[PDB]
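Convention: sequence-line order gives letters A, B, ...; per-chain numbering from 1. The displayed model is a subset of the deposited entry, and contacts were enumerated within the subset. Side-chain atoms are counted along with the backbone in the values below, which use heavy atoms only and exclude waters and symmetry mates.
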Amino acid sequence: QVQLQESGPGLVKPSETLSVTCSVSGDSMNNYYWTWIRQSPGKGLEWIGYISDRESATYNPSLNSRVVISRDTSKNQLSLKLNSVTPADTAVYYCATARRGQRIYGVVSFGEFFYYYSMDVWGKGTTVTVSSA
Amino acid sequence: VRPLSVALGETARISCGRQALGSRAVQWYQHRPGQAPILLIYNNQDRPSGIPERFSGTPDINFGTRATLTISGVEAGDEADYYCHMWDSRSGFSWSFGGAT
Amino acid sequence: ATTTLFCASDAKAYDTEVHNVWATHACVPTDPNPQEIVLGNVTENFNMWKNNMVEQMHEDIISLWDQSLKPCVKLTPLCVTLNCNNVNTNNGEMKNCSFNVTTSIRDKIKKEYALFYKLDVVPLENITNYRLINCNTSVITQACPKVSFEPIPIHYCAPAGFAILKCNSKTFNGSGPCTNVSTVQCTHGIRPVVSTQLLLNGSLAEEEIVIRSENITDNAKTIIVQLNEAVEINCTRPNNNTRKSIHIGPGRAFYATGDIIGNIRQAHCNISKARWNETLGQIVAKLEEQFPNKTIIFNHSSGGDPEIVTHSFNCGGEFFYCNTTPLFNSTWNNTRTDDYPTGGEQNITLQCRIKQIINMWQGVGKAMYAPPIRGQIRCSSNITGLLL
Amino acid sequence: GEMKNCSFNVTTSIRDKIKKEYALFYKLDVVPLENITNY
Ligand SMILES: *[C@@H]1O[C@H](CO)[C@@H](O[C@@H]2O[C@H](CO)[C@@H](O[C@@H]3O[C@H](CO[C@H]4O[C@H](CO)[C@@H](O)[C@H](O[C@H]5O[C@H](CO)[C@@H](O)[C@H](O)[C@@H]5O)[C@@H]4O)[C@@H](O)[C@H](O[C@H]4O[C@H](CO)[C@@H](O)[C@H](O)[C@@H]4O[C@H]4O[C@H](CO)[C@@H](O)[C@H](O)[C@@H]4O)[C@@H]3O)[C@H](O)[C@H]2NC(C)=O)[C@H](O)[C@H]1NC(C)=O
Ligand SMILES: *[C@@H]1O[C@H](CO)[C@@H](O[C@@H]2O[C@H](CO)[C@@H](O[C@@H]3O[C@H](CO[C@H]4O[C@H](CO)[C@@H](O)[C@H](O)[C@@H]4O)[C@@H](O)[C@H](O[C@H]4O[C@H](CO)[C@@H](O)[C@H](O)[C@@H]4O[C@H]4O[C@H](CO)[C@@H](O)[C@H](O)[C@@H]4O)[C@@H]3O)[C@H](O)[C@H]2NC(C)=O)[C@H](O)[C@H]1NC(C)=O
Ligand SMILES: *[C@@H]1O[C@H](CO)[C@@H](O[C@@H]2O[C@H](CO)[C@@H](O[C@@H]3O[C@H](CO)[C@@H](O)[C@H](O)[C@@H]3O)[C@H](O)[C@H]2NC(C)=O)[C@H](O)[C@H]1NC(C)=O
Ligand SMILES: *[C@@H]1O[C@H](CO)[C@@H](O[C@@H]2O[C@H](CO)[C@@H](O[C@@H]3O[C@H](CO)[C@@H](O)[C@H](O)[C@@H]3O)[C@H](O)[C@H]2NC(C)=O)[C@H](O)[C@H]1NC(C)=O
Ligand SMILES: *[C@@H]1O[C@H](CO)[C@@H](O[C@@H]2O[C@H](CO)[C@@H](O[C@@H]3O[C@H](CO)[C@@H](O)[C@H](O)[C@@H]3O)[C@H](O)[C@H]2NC(C)=O)[C@H](O)[C@H]1NC(C)=O
Ligand SMILES: *[C@@H]1O[C@H](CO)[C@@H](O[C@@H]2O[C@H](CO)[C@@H](O)[C@H](O)[C@H]2NC(C)=O)[C@H](O)[C@H]1NC(C)=O
Ligand SMILES: *[C@@H]1O[C@H](CO)[C@@H](O[C@@H]2O[C@H](CO)[C@@H](O)[C@H](O)[C@H]2NC(C)=O)[C@H](O)[C@H]1NC(C)=O
Ligand SMILES: *[C@@H]1O[C@H](CO)[C@@H](O[C@@H]2O[C@H](CO)[C@@H](O)[C@H](O)[C@H]2NC(C)=O)[C@H](O)[C@H]1NC(C)=O
Ligand SMILES: *[C@@H]1O[C@H](CO)[C@@H](O[C@@H]2O[C@H](CO)[C@@H](O)[C@H](O)[C@H]2NC(C)=O)[C@H](O)[C@H]1NC(C)=O
Ligand SMILES: *[C@@H]1O[C@H](CO)[C@@H](O[C@@H]2O[C@H](CO)[C@@H](O)[C@H](O)[C@H]2NC(C)=O)[C@H](O)[C@H]1NC(C)=O
Ligand SMILES: *[C@@H]1O[C@H](CO)[C@@H](O)[C@H](O)[C@H]1NC(C)=O
Ligand SMILES: *[C@@H]1O[C@H](CO)[C@@H](O)[C@H](O)[C@H]1NC(C)=O
Ligand SMILES: *[C@@H]1O[C@H](CO)[C@@H](O)[C@H](O)[C@H]1NC(C)=O
Ligand SMILES: *[C@@H]1O[C@H](CO)[C@@H](O)[C@H](O)[C@H]1NC(C)=O
Ligand SMILES: *[C@@H]1O[C@H](CO)[C@@H](O)[C@H](O)[C@H]1NC(C)=O
Ligand SMILES: *[C@@H]1O[C@H](CO)[C@@H](O)[C@H](O)[C@H]1NC(C)=O
Ligand SMILES: *[C@@H]1O[C@H](CO)[C@@H](O)[C@H](O)[C@H]1NC(C)=O
Ligand SMILES: *[C@@H]1O[C@H](CO)[C@@H](O)[C@H](O)[C@H]1NC(C)=O
Ligand SMILES: *[C@@H]1O[C@H](CO)[C@@H](O)[C@H](O)[C@H]1NC(C)=O
């Protein structure tokens, strides 16, 4: 049994530094892969990236590398750091787990495979608005 | 979007986005209105615990054809919004979850 | 003596009126009951290294390749300036080139698109901009489709008043006498397989593997190894690629490659490990008598062109260029080694690569453009000997 | 003179570029075509 608990500021000012923490309840963070998913209203979901056991991360180039995913393994909490936020970053946020998956289609030794990720355990939901008011 | 809300007992079909262009590995999701998005299908057919056998998918003959979720025997707990995460070895990356439905 | 020799090829073929490349319409049908006179106490001496039949066959094979692709398309209007990009894969070996060409009416102009390989291009001098591989030193000629390359056997017959002698000794080197000699008028069923580094659809020896050289102490003499049990190889090319048809001038069409439908894969060959281990182990037991003090190692070849240092052959229409670095590793002292890990996997793989433009027999003014084969390719050859 | 130093545009081995070349050759190999002597 694992539970995810979003906790952020709720409302901030633009062109500043933001931080949202997903408290994890049920397992230590060193066994899972972690991710955040933002949802602009009306449009589809967006995947900002991931973080792994050996600090493996590849952030979204459309996020323009303004994000650094931070972690609190002592309190068992998944945090987030993001600077110079824009009013287009107003989105419903989610924290979620990730699993390993490998697809093979030719001979393996030539490197004809790739990796894909599934998200099974989802958060509960929060809303952070980047607005001048 | 195309609305497909027939009285219960029929078979529904929802198609995904881009033409195929290589071997795929496509996910599916269940975003209930006002709720969190819930994983349904990974690896084009595989089904985790807690989902009935009424859902199926599309194999990897892909090669220019569309991916499709199929819901045979639609019930009352089958009305949500479904997304479509994309992967193929030939067309680059993905950072969005496909066109909404 | 020394004379001319003529072809003989029987009628298991010759039901279709097609012309492949080794004419077979002008080949006389061979005899169903070939007479072999076993001679008496007759001792003739043979010399493998001074034989006129070899130079006759070399001149014949060059002239047969020169008969065809004389009434074929010249690709002189194709040495022009080529743009390029890479193929739209994730984020290469084939290029998507584009070029201006004059049309069939020499008053207008046309823009085209074609995919073909690296190893068939040379860079010209930012936008990358280049030209084709061999269009400043040679006139280049497209081979026709519906013209076959399959190596059907050739018998050599001697005219009346002549005869061919034949060695029947089991273990016979080069350049020695014999004591079991037969006579025929018509040779073995010899197949014109053009290949480097290895001998594919050949003839096997009997009860031993036999090593031949002219002067084995001299290191500038090549060594011919003939096995006694075959070692099967299984090559392929897994790409479902189409073909275009660009028309250049009056009644002359040019056949390029179109798109690729599916994945992008390489062109492996899968030789077996334990079987070839047995073969390479019993070669060196015969090698350790000609040099009976030393360790012997098998090292790979030396740099250079891809069509000299690699195993090159013809696989149903394309020309493969696999390199044999996974084969020739090892080091042997007492007919044992530790260079194969006795575990992990079988099936030693090899990396091929495809090449359209070929100037086999080392020509300096002539080339050839093999048009693409539509579909997928398999060979399953039958390795019988090798050249060290 | 019985020699002539001549220059001419040539279309080279690659059928897009124009080269300019020089050669000496004899009289009795020329015909005058029509000041610059242009034959
Ligand atoms: C020279 O030698 C080399 C090796 O040295 C050979 O290279 C081999 O090439 C083949 C392809 O030609 C490679 O096969 C690929 O392997 C993938 C992984 O195989 C395993 O997958 C899982 C484990 O993760 C197992 O379930 C599988 O076992 C089952 O299937 C096999 C099938 O024969 C049975 O024999 C077994 O008993 C099991 O029943 C394998 O162990 C494999 O996934 C892949 O197949 C998928 O992809 C193709 C692409 O089109 C599909 O056609 C196919 O249907 C598979 O698709 C799966 O997923 C989709 C959706 O996700 C579903 O719709 C499907 O139903 C299916 O579930 C492919 O077969 C092989 O890996 C490779 N060897 C090595 C070591 O890399 C060369 O061929 C050889 N060349 C020559 C000329 O001889
Ligand atoms: C299209 O082509 C692009 C090529 O540009 C390709 O991008 C490549 O994606 C892969 C997949 O993520 C990348 O490979 C991984 O990179 C991570 C992280 O390293 C990068 O990031 C850090 C900063 O975060 C940099 O400092 C670093 O230099 C790299 O840039 C690695 O952690 C990965 O290692 C795992 O995979 C290996 C291969 O199997 C394993 O051997 C290894 O151990 C890791 O696997 C896991 O193993 C165990 C399983 O549980 C576990 O114990 C381990 O801890 C570990 O988690 C891997 O190197 C690659 O860097 C990208 N390419 C480039 C140039 O950056 C796309 O993927 C491709 N897309 C498609 C669809 O084909
Ligand atoms: C095939 O032939 C055509 C003939 O038109 C070539 O087209 C050339 O395209 C370039 C790029 O548009 C043209 O350059 C132009 O230069 C002016 C001057 O600065 C600039 O203002 C324009 O915006 C443009 O850049 C060029 O005029 C045009 N024609 C020629 C004769 O060069 C084409 O490049 C050829 N393709 C190949 C692969 O050879
Ligand atoms: C000689 O040729 C052979 C190929 O037949 C080469 O052997 C290959 O060596 C590599 C590295 O030593 C092996 O890769 C590793 O194998 C181990 C064993 O399973 C595995 O645990 C690793 O993950 C990795 O795959 C490779 O398997 C092996 N190939 C075969 C067919 O066994 C060898 O490197 C060449 N050179 C010499 C000097 O021996
Ligand atoms: C070979 O081809 C070149 C191509 O450039 C020819 O060059 C030409 O040279 C003449 C003389 O310099 C150029 O004439 C120009 O005329 C204007 C107007 O009077 C004047 O202001 C300039 O100073 C210059 O004299 C001409 O533009 C130039 N290009 C072309 C296309 O004709 C060269 O003459 C050719 N040689 C032979 C032997 O045909
Ligand atoms: C092939 O084997 C024959 C043996 O029958 C070799 O012939 C003898 O070679 C020795 C050493 O060169 C000479 O002294 C003899 O005079 C040769 N003849 C006979 C009848 O013994 C022959 O040299 C071998 N050839 C090669 C290339 O190894
Ligand atoms: C090679 O490049 C050409 C560039 O023109 C490609 O041709 C165009 O491809 C687009 C993409 O679908 C089509 O919409 C156009 O109709 C094509 N033609 C033209 C004249 O623009 C071609 O597809 C590329 N081939 C490969 C294999 O990448
Ligand atoms: C196989 O041959 C290559 C060269 O053909 C050898 O490579 C040399 O290795 C030595 C090792 O110290 C280097 O100093 C040289 O620079 C390498 N190149 C050349 C051209 O000599 C290689 O050692 C040989 N392998 C074996 C096992 O003998
Ligand atoms: C022949 O194939 C072999 C495969 O083992 C190639 O050898 C290695 O190729 C990799 C490719 O990047 C190099 O990094 C290594 O340095 C090569 N040598 C070894 C000992 O691993 C070899 O390059 C191929 N030959 C040619 C001409 O491409
Ligand atoms: C013929 O005329 C050409 C004119 O270009 C001469 O070629 C040039 O000669 C000068 C003087 O030696 C050199 O500096 C140049 O490098 C030459 N080439 C060019 C392209 O200008 C040529 O020497 C003349 N020949 C004779 C016999 O008079
Ligand atoms: C060959 O030699 C044997 C033994 O010397 C002799 O008897 C025989 O007649 C010879 N000729 C033939 C044709 O066998
Ligand atoms: C043709 O071009 C290539 C590369 O530019 C060069 O290696 C070759 O020598 C050239 N041939 C001649 C005859 O100039
Ligand atoms: C000579 O070779 C023929 C080939 O069939 C064989 O029948 C014959 O027995 C051989 N003779 C000797 C003496 O070995
Ligand atoms: C063979 O090669 C050696 C080494 O060069 C040489 O001394 C000898 O004369 C050659 N010929 C013969 C018949 O041994
Ligand atoms: C190759 O592509 C053609 C294109 O239509 C198709 O008809 C054929 O079935 C394909 N072959 C394979 C083995 O996929
Ligand atoms: C090789 O020569 C040495 C002397 O240098 C000798 O003792 C040895 O027996 C020779 N090798 C073999 C296999 O006889
Ligand atoms: C020769 O063989 C011995 C034992 O057979 C082995 O220990 C040694 O490594 C081999 N090589 C050399 C150079 O002695
Ligand atoms: C190759 O053959 C030798 C000698 O029989 C043996 O020691 C070695 O284990 C063999 N290797 C493999 C991979 O079978
Ligand atoms: C690959 O290895 C297997 C043994 O595992 C063998 O039976 C098979 O013939 C090999 N494939 C070839 C030689 O193509």
Recorded drug name at chains A and B | 10-1074
Which chain is the largest contributor of contacts with 10-1074 here, and what is it called in the PDB entry?
-> Envelope glycoprotein gp120
Neighbouring chains of 10-1074, heavy-atom cut-off 4.5 Å = C
Which residues of chain C are within 4.5 Å of 10-1074, measuring between non-hydrogen atoms?
-> C:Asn88, C:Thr89, C:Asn90, C:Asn91, C:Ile260, C:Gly262, C:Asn263, C:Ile264, C:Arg265, C:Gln266, C:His268, C:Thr349, C:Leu350, C:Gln351
Can you name the residues of 10-1074 whose heavy atoms sit under 4.5 Å from heavy atoms of chain C?
-> A:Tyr105, A:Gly106, A:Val107, A:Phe110, A:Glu112, B:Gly22, B:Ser23, B:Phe63, B:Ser89, B:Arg90, B:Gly92, B:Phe93
